[PDB]
Amino acid sequence: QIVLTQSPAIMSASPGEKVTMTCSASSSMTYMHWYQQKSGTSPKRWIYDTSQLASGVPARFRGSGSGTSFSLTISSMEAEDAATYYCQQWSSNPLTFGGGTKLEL
Amino acid sequence: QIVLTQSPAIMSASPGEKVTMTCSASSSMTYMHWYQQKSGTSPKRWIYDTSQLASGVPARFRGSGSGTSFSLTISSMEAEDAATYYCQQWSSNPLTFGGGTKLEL
Amino acid sequence: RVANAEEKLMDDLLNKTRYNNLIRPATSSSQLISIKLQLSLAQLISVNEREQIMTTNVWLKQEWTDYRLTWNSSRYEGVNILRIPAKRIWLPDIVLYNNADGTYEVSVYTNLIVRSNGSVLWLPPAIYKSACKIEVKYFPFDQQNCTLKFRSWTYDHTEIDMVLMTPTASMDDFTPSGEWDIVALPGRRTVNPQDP
Amino acid sequence: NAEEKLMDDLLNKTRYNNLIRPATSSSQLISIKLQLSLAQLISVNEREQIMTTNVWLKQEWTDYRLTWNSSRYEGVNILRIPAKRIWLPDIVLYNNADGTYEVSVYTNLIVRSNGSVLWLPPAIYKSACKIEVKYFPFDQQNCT
Amino acid sequence: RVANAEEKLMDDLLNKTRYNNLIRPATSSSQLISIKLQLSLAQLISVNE
Amino acid sequence: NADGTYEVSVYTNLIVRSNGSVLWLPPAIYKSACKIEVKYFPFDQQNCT
Amino acid sequence: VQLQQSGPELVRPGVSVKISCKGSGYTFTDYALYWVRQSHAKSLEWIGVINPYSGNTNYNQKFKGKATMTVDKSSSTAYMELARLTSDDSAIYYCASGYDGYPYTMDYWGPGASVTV
Amino acid sequence: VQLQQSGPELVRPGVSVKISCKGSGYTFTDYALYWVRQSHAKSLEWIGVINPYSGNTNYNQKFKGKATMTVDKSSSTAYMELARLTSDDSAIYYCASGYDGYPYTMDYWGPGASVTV
Amino acid sequence: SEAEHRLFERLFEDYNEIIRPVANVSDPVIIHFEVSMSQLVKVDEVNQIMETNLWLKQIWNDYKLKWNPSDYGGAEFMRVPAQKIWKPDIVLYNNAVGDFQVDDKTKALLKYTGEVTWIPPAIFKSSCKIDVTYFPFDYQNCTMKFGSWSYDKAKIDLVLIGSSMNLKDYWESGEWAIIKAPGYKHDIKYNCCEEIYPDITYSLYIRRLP
Amino acid sequence: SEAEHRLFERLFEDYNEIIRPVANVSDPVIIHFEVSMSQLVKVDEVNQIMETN
Ligand SMILES: *[C@@H]1O[C@H](CO)[C@@H](O[C@@H]2O[C@H](CO)[C@@H](O[C@@H]3O[C@H](CO[C@H]4O[C@H](CO)[C@@H](O)[C@H](O)[C@@H]4O)[C@@H](O)[C@H](O[C@H]4O[C@H](CO)[C@@H](O)[C@H](O)[C@@H]4O)[C@@H]3O)[C@H](O)[C@H]2NC(C)=O)[C@H](O)[C@H]1NC(C)=O
Ligand SMILES: *[C@@H]1O[C@H](CO)[C@@H](O[C@@H]2O[C@H](CO)[C@@H](O[C@@H]3O[C@H](CO[C@H]4O[C@H](CO)[C@@H](O)[C@H](O)[C@@H]4O)[C@@H](O)[C@H](O[C@H]4O[C@H](CO)[C@@H](O)[C@H](O)[C@@H]4O)[C@@H]3O)[C@H](O)[C@H]2NC(C)=O)[C@H](O)[C@H]1NC(C)=O
Ligand SMILES: *[C@@H]1O[C@H](CO)[C@@H](O[C@@H]2O[C@H](CO)[C@@H](O[C@@H]3O[C@H](CO[C@H]4O[C@H](CO)[C@@H](O)[C@H](O)[C@@H]4O)[C@@H](O)[C@H](O[C@H]4O[C@H](CO)[C@@H](O)[C@H](O)[C@@H]4O)[C@@H]3O)[C@H](O)[C@H]2NC(C)=O)[C@H](O)[C@H]1NC(C)=O
Ligand SMILES: *[C@@H]1O[C@H](CO)[C@@H](O[C@@H]2O[C@H](CO)[C@@H](O[C@@H]3O[C@H](CO[C@H]4O[C@H](CO)[C@@H](O)[C@H](O)[C@@H]4O)[C@@H](O)[C@H](O[C@H]4O[C@H](CO)[C@@H](O)[C@H](O)[C@@H]4O)[C@@H]3O)[C@H](O)[C@H]2NC(C)=O)[C@H](O)[C@H]1NC(C)=O
Ligand SMILES: *[C@@H]1O[C@H](CO)[C@@H](O[C@@H]2O[C@H](CO)[C@@H](O[C@@H]3O[C@H](CO)[C@@H](O)[C@H](O)[C@@H]3O)[C@H](O)[C@H]2NC(C)=O)[C@H](O)[C@H]1NC(C)=O
Ligand SMILES: *[C@@H]1O[C@H](CO)[C@@H](O[C@@H]2O[C@H](CO)[C@@H](O[C@@H]3O[C@H](CO)[C@@H](O)[C@H](O)[C@@H]3O)[C@H](O)[C@H]2NC(C)=O)[C@H](O)[C@H]1NC(C)=O
Ligand SMILES: *[C@@H]1O[C@H](CO)[C@@H](O[C@@H]2O[C@H](CO)[C@@H](O[C@@H]3O[C@H](CO)[C@@H](O)[C@H](O)[C@@H]3O)[C@H](O)[C@H]2NC(C)=O)[C@H](O)[C@H]1NC(C)=O
Ligand SMILES: *[C@@H]1O[C@H](CO)[C@@H](O[C@@H]2O[C@H](CO)[C@@H](O)[C@H](O)[C@H]2NC(C)=O)[C@H](O)[C@H]1NC(C)=O
Ligand SMILES: *[C@@H]1O[C@H](CO)[C@@H](O[C@@H]2O[C@H](CO)[C@@H](O)[C@H](O)[C@H]2NC(C)=O)[C@H](O)[C@H]1NC(C)=O
Ligand SMILES: *[C@@H]1O[C@H](CO)[C@@H](O)[C@H](O)[C@H]1NC(C)=O
Ligand SMILES: *[C@@H]1O[C@H](CO)[C@@H](O)[C@H](O)[C@H]1NC(C)=O
Ligand SMILES: *[C@@H]1O[C@H](CO)[C@@H](O)[C@H](O)[C@H]1NC(C)=O
Ligand SMILES: *[C@@H]1O[C@H](CO)[C@@H](O)[C@H](O)[C@H]1NC(C)=O
Ligand SMILES: *[C@@H]1O[C@H](CO)[C@@H](O)[C@H](O)[C@H]1NC(C)=O
Ligand SMILES: CN1CCC[C@H]1c1cccnc1
């Protein structure tokens, strides 16, 4: 029922620069997850429960938000960070994914 | 914590015209007061508890509002009604007043 | 998330249609909800004669038809019976009026069964300290007549019926008392003409 | 329905408070009136000087905040409200042996278009009265 | 409005996002909360034999 | 205890200091159940626990 | 921990298709399986969840009358069949196993089969 | 009902200043005193509140290290002392006495002193 | 813990406490049931009543209350109030004083696999019949009949944990000596109702010390 | 009345009921305390107890 919408769609940043991605919902929720897909491979679990990092994730990143506004945040950009990020929720039937913000150089 | 903002800043009306002023807040509240200052002299208590009138106030005015939006309304414009109106809340620490609306002929 | 059929059904009955337990299911004006009841005795435990109090556990099955609690069976992958707690739906307050204490109502308040018809059944567990008078002339070769008066305190005859189903109370899970003998258990429905 | 709209229109949190007493002005006496309905003298214990009764004490009054006319609301003129939701006077008895002042179960009550609210709850009371025991067992007993 | 020091401190301590009275104060896993107790008698009111 | 009152005693408020030392002293009557050695009588000891 | 699928398949429209997913390297019970499709617009959607200990399936309401999800507890392999294929089904199909606790996230991902109608 | 204040004062920056407020025409206890500044742009802000029966003060968090508020139950007069005067403090200072109940308003207002630095 | 606080916040965001906790509707819950006795308070010979202090060990499973230990701080056990979770209504039929439900002031124990363990204490006034044909040289038999009041055999299936009542924490009596106390599962059909209800009957076999 | 309803709404908007009611902190509250007796129910000489209202 909840439709997720990301902003922006295509973006880029220099190495050593703050990167901010927003995921917005129709109605309100509290917990939302984030996935990384690189080029030509399968996605990995990247952030769960809106702020918690996964197992093999460097500590540069930070997720935060509530209500209908959520945001992933990168402090130190790196050349190995060019990927596509998806936001997904499960609080309302059915399971919906985001559009997918593409971060490149 | 709460900063009030009035609209409009400077306005004017003819005698016998409906006048509406708005006071907006950052977050929600329920009770808000209105003070009148003339030119040169001291202010007076004019409207309290968002709808009530003081002792020496004619019964033409009407205050109303809720949430984060409040308004004062003049039905019949008066000749000596050129003054400056301030809106203020005590519901959040600290006591913040309004910017002030100057109503002249 | 992952939900039952019964969880979706409970979301669709109560909170979707804005269900209110304070107002009775009348389709029109001046309609008598024909509620019906029957008693099953379980055990005589005390027939205390000095205080004139009998205590019995009874099973009063009372059932009616609530048209707001209906659903389609094949939509929710097949559910014909559904059980809900008794403080959420409408039910008449049928209690005793002859007891030695002040406790009229059932102090247990279990859950009750509603079907796809809309037919609601309620069978609360209860022991009662009824108060009956003792005929003590032919002691100890004596018969005792003791009565139980079930009626409601909220509604009246102009708003609910009260239909006795069987003429006699059943004797099904009865354990024999050892001191007393049940010989007959009649039951009747009392209404006063020229007194609605 | 009509009763579900009337219940929400009459008892609303912005306009109804079950803790303020319904007087149109200051120094107005709300004339509440009551009468007692005895059911059974279950024990008139003499050594502890306690009589134990059950009564159906009825009382009616006039609430002006619960008035409506019939023609808006499809001919409805009675309601069934839980008693703990509207304003009620706290009439109890004082000469009791226990600390049981109030009523047992707080049953529903009937309000009409006129504003006449009538409430009839059941209550048991262990009242304490004195026992004149000069004559025995041929004696009158006055218990209040 | 006007509050006390105790009201502000009370609003800071027992905060719903930060304090929960159903999880025990263990800083890590398998940490024993050492509590200590001492009984104080007041009266032998009755001994029913 | 002789009753079924395994419930906690009365919920008087408790003192907590600046470093978190939480102290609680509730008052309680208890109907404790002890066995009565009644061989000597009335010249008896009673060990009640 | 590995997940293996079928290869890419060419299906003429009007013909059903069956794809598989076999997991190894972990206990195959206690993890649920998710079927996730990704189109050519990088806007990936969800199809269904199966629980291989019991077979309790929960489909998406968009894809209720098209998908059939089964398991095989002897060989630890799940099957998914799609019927009435149209032109909007040439996509990448992923099977993803994840623990059924309160993260409720896809812990592990497959390589991804390719279906061209 | 009158409030009386001092006249305008010319104080160089870096010197503390003290103004007063003396009320008559009402019972001086059971009210409370509010201090309100007003700049030259007629955008006026609040400084502090004192209770003249007990002396309990509450300052604004902007003005905590500057203002000092005392009362005197002898002559029924409040004193306000400002420290660290700069060029951004030339304003009009009002004392206003209001009842300490749930209106929580300024029922009466003073003439206003003028501080030019 | 911060992780246990986040788990408690995540666990009860949406939880209907009145629907039965099965994944599939045509599956009964399986409630492992055990009773333990602290003491045998008194058996009133005149009134034919029996006061006992019992702990009611009940273990069941819940599909919605399971979590991952590797993602939530290593936490494996949570304590929840008995009021928030779903819990069955095991009611003894042959009762003689007062209400039938047991109160809920105690706390349940969630394991990460969904296993819920609930131990309420209770006093019970059973109504066993006695024979005094021998006195005081008598053996007496008294029964207790626990069981779900509403749910069928196809919605609650009861299972005994052991084969007898626990007498491990048994406070001695000094007047009655317990010989044996077995427990037996039955599946009975009442004449009110067209469906089969299960129950568990315990049978104390005591003797007076004369 | 109309003014009592607005006062009751204003009076309990934000009222912490477990902070003790003093403007300062070192000030103690002063509680005037009086007790009245309605009847003396019984004094059990055997159990050594006293029941009062
Ligand atoms: C155990 O104890 C109970 C308690 O007493 C007994 O219950 C009694 O049962 C009998 C019948 O079995 C009842 O007798 C009936 O009384 C009715 C009341 O009459 C009213 O109307 C007159 C005006 O004429 C009033 O003055 C009076 O005060 C009453 O208000 C009668 O109306 C009944 O008449 C019968 O026949 C007519 C005509 O066919 C029918 O219309 C009636 O329905 C009815 O069948 C009848 O006489 C008696 O009232 C009950 N007692 C009480 C206190 O209610 C049990 O019978 C007893 N058990 C055994 C086994 O004996
Ligand atoms: C069953 O038992 C009850 C309990 O006693 C009896 O009720 C009492 O009845 C008597 C009279 O029958 C009442 O006595 C009344 O006393 C009043 C004065 O007492 C007050 O004032 C003195 C100081 O002057 C105080 O010390 C005292 O405590 C009281 O505060 C009189 O004013 C009464 O007179 C009545 O008639 C005159 C007309 O001459 C009227 O103007 C009066 O207003 C009043 O109506 C009266 O004499 C007594 O109050 C009753 N209650 C109690 C608790 O004792 C029942 O009478 C008894 N039943 C039977 C059938 O005997
Ligand atoms: C008032 O009444 C109370 C209750 O009756 C008495 O309390 C008893 O006190 C004695 C001694 O103070 C306790 O005896 C202790 O038992 C412990 C456990 O016993 C084990 O072994 C027996 C078999 O022998 C098993 O049945 C039992 O289940 C246990 O498995 C022992 O460990 C104790 O030994 C002590 O010393 C050793 C070294 O020798 C240490 O290592 C131990 O840690 C321990 O300190 C001891 O033997 C008895 O359990 C108490 N309870 C009961 C119910 O009897 C009070 O003594 C009495 N007071 C007065 C003043 O009379
Ligand atoms: C105190 O009072 C209580 C009751 O008031 C007595 O309790 C009864 O005890 C007897 C003896 O154990 C119980 O009988 C047993 O029932 C078991 C359960 O029966 C189920 O399974 C059988 C077999 O499929 C079905 O036919 C039946 O319908 C049930 O579904 C049986 O399994 C037992 O059988 C065993 O013994 C026989 C020989 O007797 C062997 O042939 C069998 O193979 C098997 O080993 C047994 O029949 C009875 O159920 C209890 N009743 C209640 C209500 O609890 C106490 O015994 C009594 N105390 C004393 C000391 O007398
Ligand atoms: C929905 O409503 C129907 C009614 O159309 C219910 O069917 C009725 O069910 C009851 C009991 O389940 C039957 O009562 C029985 O009657 C026989 C008659 O001899 C009696 O011997 C039995 O002891 C019992 O009282 C009743 O006959 C039956 N039919 C009718 C027409 O009432 C049905 O159970 C309801 N529920 C569902 C889920 O369908
Ligand atoms: C609303 O209130 C009015 C009163 O303001 C009600 O009028 C009163 O109604 C009662 C009950 O019907 C009448 O009492 C009756 O008195 C006769 C007298 O012989 C008695 O025999 C009856 O048994 C009954 O007790 C009362 O006379 C009547 N008048 C007054 C002034 O009270 C009115 O019924 C109420 N209903 C509505 C909707 O107005
Ligand atoms: C912070 O925590 C410490 C302990 O962790 C608290 O200090 C303890 O305070 C108690 C009384 O509040 C002291 O008890 C007294 O000790 C004397 C020593 O002879 C004894 O004779 C008295 O009967 C009484 O029990 C205790 O000594 C003291 N220290 C320790 C190590 O326990 C302290 O109160 C807490 N709060 C603050 C604000 O510091
Ligand atoms: C609940 O269980 C029933 C039976 O265990 C499931 O019904 C089965 O569904 C499978 C799906 O392919 C069929 O092959 C079986 O023939 C069905 N059996 C019966 C008896 O109908 C049902 O699907 C389960 N519920 C859910 C939501 O999956
Ligand atoms: C609470 O009361 C104490 C003492 O009653 C106040 O402490 C005094 O404050 C004044 C004002 O700064 C000082 O001049 C005194 O030296 C203080 N100490 C005394 C009198 O012993 C305290 O300020 C009060 N709290 C508040 C918030 O005003
Ligand atoms: C569903 O109804 C119950 C019954 O009162 C209520 O407590 C609950 O808040 C409702 N749920 C929602 C989401 O409104
Ligand atoms: C229940 O649903 C099925 C399928 O949606 C439908 O065929 C049937 O008519 C419905 N029942 C009723 C009483 O309409
Ligand atoms: C109370 O009345 C106001 C205006 O009449 C209305 O907006 C509000 O919804 C009512 N309250 C409820 C709970 O309906
Ligand atoms: C009922 O109230 C309505 C609206 O105020 C009015 O139009 C109508 O005349 C009233 N009916 C009466 C007083 O009988
Ligand atoms: C503490 O309470 C405040 C009160 O509004 C709340 O805004 C805040 O989120 C809570 N938590 C923290 C960590 O400040
Ligand atoms: C097993 N329960 C106890 C006896 C009747 C039966 C029952 C049947 C329907 C609703 N509630 C209870």
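Naming: A, B, ... by sequence-line order, numbering from 1 per chain. We read in the header that electron microscopy, 3.3 Å was used to get this structure. Heavy atoms only: backbone and side chains are in, while hydrogens, waters and symmetry mates are out. All ligand and atom numbering here is 1-based and tracks the order in the structure. Only a slice of the deposited entry appears, and the contacts counted are all within that slice.
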Mind telling me what drug shows up at ligand 15? (S)-(-)-nicotine
By the name used in UniProt, which chain has the largest number of heavy-atom pairs within 4.5 Å of (S)-(-)-nicotine (ligand 15)? Neuronal acetylcholine receptor subunit alpha-3
Could you give me the letters of the other chains with a heavy atom under 4.0 Å from (S)-(-)-nicotine (ligand 15)? Thanks! C, I
For (S)-(-)-nicotine (ligand 15), which residues in other chains have any heavy atom nearer than 4.0 Å? C:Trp59, C:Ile113, C:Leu123, I:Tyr93, I:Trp149, I:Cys192, I:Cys193, I:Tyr197
